[PDB]
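Small exopenicillinase bound by benzylpenicillin (bound form).
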Amino acid sequence: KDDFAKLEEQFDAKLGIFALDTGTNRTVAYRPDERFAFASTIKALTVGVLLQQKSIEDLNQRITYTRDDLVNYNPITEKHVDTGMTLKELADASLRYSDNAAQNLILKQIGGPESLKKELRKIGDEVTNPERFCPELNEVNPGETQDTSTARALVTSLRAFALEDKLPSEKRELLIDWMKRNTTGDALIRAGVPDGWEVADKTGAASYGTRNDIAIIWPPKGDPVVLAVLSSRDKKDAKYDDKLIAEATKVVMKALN
Ligand SMILES: *C(=O)[C@@H](NC(=O)Cc1ccccc1)[C@@H]1N[C@@H](C(=O)O)C(C)(C)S1
């Protein structure tokens, strides 16, 4: 409690923390219901919904696109404009590289932010507010609730898809594999977790120094932890520091042990 305030003190930032130990039902909450721009963590839920709406076979559908559908951070999708990419390959790119264009293509496919919100409401997430495609292209100003969620809701919806019954097991397995194989999170939740332990995570970064990671974390032996660490700062062009996330993860891990 004061460890998390210490981190807020040390990094001049606001933290939102929610963790669930699914083995004991122990919880670690710190501003659990405070809203942050969810930023690219929404990609994990976007794929959950894609997977609910498609057989694994249907993920082989090819999606074509041009250079004009690519804006900022498209490491995978910029390599394939000639051929396009299948839904499967877009999911991989979106989750493991946070390919922004891949995300936009998947979001279109599922019916846009309106359909994403519909499906999240259906799983009992009253908080996550998808509003815009690309939502990184627009600022979430303090007090704005469009494209925001909370640590607690993000954990709840992530557990629903990844760990519970919102997906049949072969699709839940695909989601988990992609997340475990994320390339973008080494300095975040993964840097705060004990060595060896498996981590499936999805990162995000926006304006106002927003720096997020959501994860499922497995102990050698036992049930997983599901965790959201959301952060933001006072100023629109504020810098973030990944260390804040890693260190907040350390505190959660302490508290769970
Ligand atoms: C979603 O979070 C994406 N963010 C952006 O495109 C905007 C942005 C804002 C500030 C700094 C950098 C980028 C992509 N996801 C993150 C992430 O997964 O950490 C990237 C920084 C890779 S871009």
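When a residue number appears, it is its place in the shown sequence, counting from 1. Atoms within a ligand are numbered from 1 in the order they appear, just like the ligands themselves. What you see below is based on every heavy atom in this structure, not just the backbone, and it leaves out hydrogens, waters and symmetry mates.
- The site surrounding benzylpenicillin (bound form), defined by heavy atoms under 4.0 Å, contains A39, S40, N72, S98, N100, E136, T184, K202, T203, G204, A205, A206, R211, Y240.
- Lab note: covalent bond from benzylpenicillin (bound form) modeled to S40 OG.
- Protein heavy atoms are found less than 4.0 angstrom from atom 9 (C) of benzylpenicillin (bound form).
- Taking only nitrogen or oxygen atoms, main chain and side chain alike, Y73 does not reach within less than 3.5 Å of benzylpenicillin (bound form).
- Some N or O of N72 is nearer than 3.5 Å to an N or O of benzylpenicillin (bound form), by distance alone.
- Closest UniProt active-site residue of chain A to benzylpenicillin (bound form), with heavy-atom distance to 1 Å: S40, 2 Å.
- Among protein heavy atoms, atom 6 (O) of benzylpenicillin (bound form) sits closest to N100 ND2, 2.7 Å.
- Protein heavy atom nearest atom 18 (O) of benzylpenicillin (bound form), with residue, atom name and distance: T203 OG1, 2.4 Å.
- In this structure, the protein non-hydrogen atom closest to atom 21 (C) of benzylpenicillin (bound form) is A205 CB, 4.0 Å.
- The distance criterion of under 3.5 Å between nitrogen or oxygen atoms is met by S98 with respect to benzylpenicillin (bound form).
- Among the substrate-binding residues UniProt records for chain A, the set within 4.0 Å of benzylpenicillin (bound form) by heavy-atom distance is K202, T203, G204.
- Of all atoms in benzylpenicillin (bound form), numbered sequentially from 1 with element shown, those under 4.0 Å from a heavy atom of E136 are 5 (C), 6 (O).
- Set against the non-hydrogen atoms of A39, the atoms of benzylpenicillin (bound form) under 4.0 Å away are 2 (O).
- For benzylpenicillin (bound form), the atoms lying closer than 4.0 Å to a non-hydrogen atom of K202 are 18 (O).
- For atom 14 (C) of benzylpenicillin (bound form), the closest heavy atom belonging to the protein is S40 OG, 3.1 Å.
- In this deposit, the organism assigned to chain A is Bacillus licheniformis.
- Distance from atom 19 (O) of benzylpenicillin (bound form) to its nearest protein heavy atom, with residue and atom name: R211 NH1, 2.7 Å.
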